[PDB]
Amino acid sequence: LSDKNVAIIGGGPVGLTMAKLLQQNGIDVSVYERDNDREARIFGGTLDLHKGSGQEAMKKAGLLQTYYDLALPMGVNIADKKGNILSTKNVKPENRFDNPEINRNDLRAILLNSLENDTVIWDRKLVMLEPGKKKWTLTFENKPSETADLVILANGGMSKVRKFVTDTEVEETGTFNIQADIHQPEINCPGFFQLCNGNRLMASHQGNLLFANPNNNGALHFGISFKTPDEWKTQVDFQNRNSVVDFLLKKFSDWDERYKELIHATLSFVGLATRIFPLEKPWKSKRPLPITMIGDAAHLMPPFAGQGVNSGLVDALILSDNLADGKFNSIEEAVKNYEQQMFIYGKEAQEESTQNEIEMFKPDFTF
Ligand SMILES: Cc1cc2nc3c(=O)[nH]c(=O)nc-3n(C[C@H](O)[C@H](O)[C@H](O)COP(=O)(O)OP(=O)(O)OC[C@H]3O[C@@H](n4cnc5c(N)ncnc54)[C@H](O)[C@@H]3O)c2cc1C
Ligand SMILES: CN(C)c1ccc(O)c2c1C[C@H]1C[C@H]3[C@H](N(C)C)C(O)=C(C(N)=O)C(=O)[C@@]3(O)C(O)=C1C2=O
């Protein structure tokens, strides 16, 4: 049911997957991505696609083998502030396929490559949405505007164009995350690198959490998290390396030298407040033209349970099915139904992520 065309805003994992599953069923899709070009480097850790959810989307796109090829199984160590390993869960073969970590750039290369040529239009930053006659008018910063019968919002948890769908707002969660990458970790943070010993790593002490992957395409990526300091309105300047170091070395004074060394080796930090785009009230049932939201734009949730890209990939799977299989009379019904399902499991996921994030950051939290 499409002698029409679809517009996905944002070429994240979710949006790009969405375009694949539609373009597979003959649907006319374009992806408008903010990024200047495909070789833009995506900051952040590795994604694990679970079987049942994320992996199903890759399977349906016929990319699951590709995902496996590029991915990487990881063990995980739990450590204390002193450097003791408290637990080593290595990977058992056949578990190797349960949730191998993939690099975010690697993943995009897999998705992009799956799409037909010029499916993604780069250097397109969506600023404005206007529901014209029977089409949406899409307005792009310093670029030609465009039109589409259906707009799929897949532009992340901070999307500024959710208005025609819902007026719910992003909330700050209470915790705050500081993330960084270290290159040549074996050289620049040899102590910490060896404590990881090839596995992910997660220590926890007095409401300050640490997480770390020692091998994201040969970059150590770590993240520290904590309940937001009250004195923050974020009253620390993440542009000043030394500002952040000092704040961290204070938070981490009790910890072994190994961790201080990590903080010391970091060239630049990224500050981030945990946010949720809560699935409370239903979305607007009164919409000028066909429009919906998948991925982080639809159910942004704390990054403490490995959901998000999965839920998002599922969003894609469901919506894409619904918009094609023929089992529907109107696009409005097909989106309504995807939104029906997604609300149940999205909320389920948020519940976990919220709960887990409440679980840690307690006075005495065991990993
Ligand atoms: C620190 C941290 C750790 C995390 N760890 C995990 C994890 O381990 N596992 C997991 O599943 N999830 C994790 N998440 C959440 C997860 O990474 C996201 O759910 C996932 O990236 C969602 O993909 P998406 O396409 O919906 O969102 P995004 O990746 O946010 O999609 C953004 C895309 O849309 C584009 N875009 C943005 N704005 C515009 C615009 N105005 N116009 C056009 N294009 C635009 C962006 O350029 C980008 O390409 C984590 C999040 C954080 C912050
Ligand atoms: C232990 N905790 C319950 C879980 C459970 C399941 C998961 O699938 C995951 C976690 C920890 C979280 C920690 C977060 C951390 N932070 C809260 C964002 C974080 O910074 C990192 C990191 N490597 O820096 C993660 O691994 C992380 O993104 C992550 O992917 C996790 C993750 O994959």
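Sequence positions for chain A are given in the PDB entry numbering; the residues included correspond to 14-246, 249-382, in order. Header says: X-ray crystallography, 2.7 Å. Remember, it's 1-based here, ligands and their atoms both numbered in the order they're listed. All values below come from the heavy atoms of this structure, side chains included, with hydrogens, waters and symmetry mates left out.
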Asker: What drug or investigational compound is present at ligand 2?
Answerer: minocycline
Asker: Which macromolecule does minocycline make the most contacts with, named the way UniProt names it?
Answerer: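 Most heavy-atom pairs belong to Flavin-dependent monooxygenase.
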Asker: Taking heavy atoms under 4.0 Å, what residues and nucleotides bind minocycline?
Answerer: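 The heavy-atom site around minocycline is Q192, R213, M215, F224, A225, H234, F235, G236, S238, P318, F319, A320, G321, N371.
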Asker: Name the UniProt substrate-binding residues of chain A with any heavy atom within 4.0 Å of minocycline.
Answerer: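 Applying the heavy-atom cut-off to the UniProt set, I get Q192, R213.
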Asker: Of the residues in chain A that UniProt says bind FAD, which have any non-hydrogen atom under 4.0 Å from minocycline?
Answerer: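 Heavy-atom check against UniProt gives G321.
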Asker: Which residue and atom, if any, anchor minocycline through a covalent bond?
Answerer: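 Covalent bond: none modeled.
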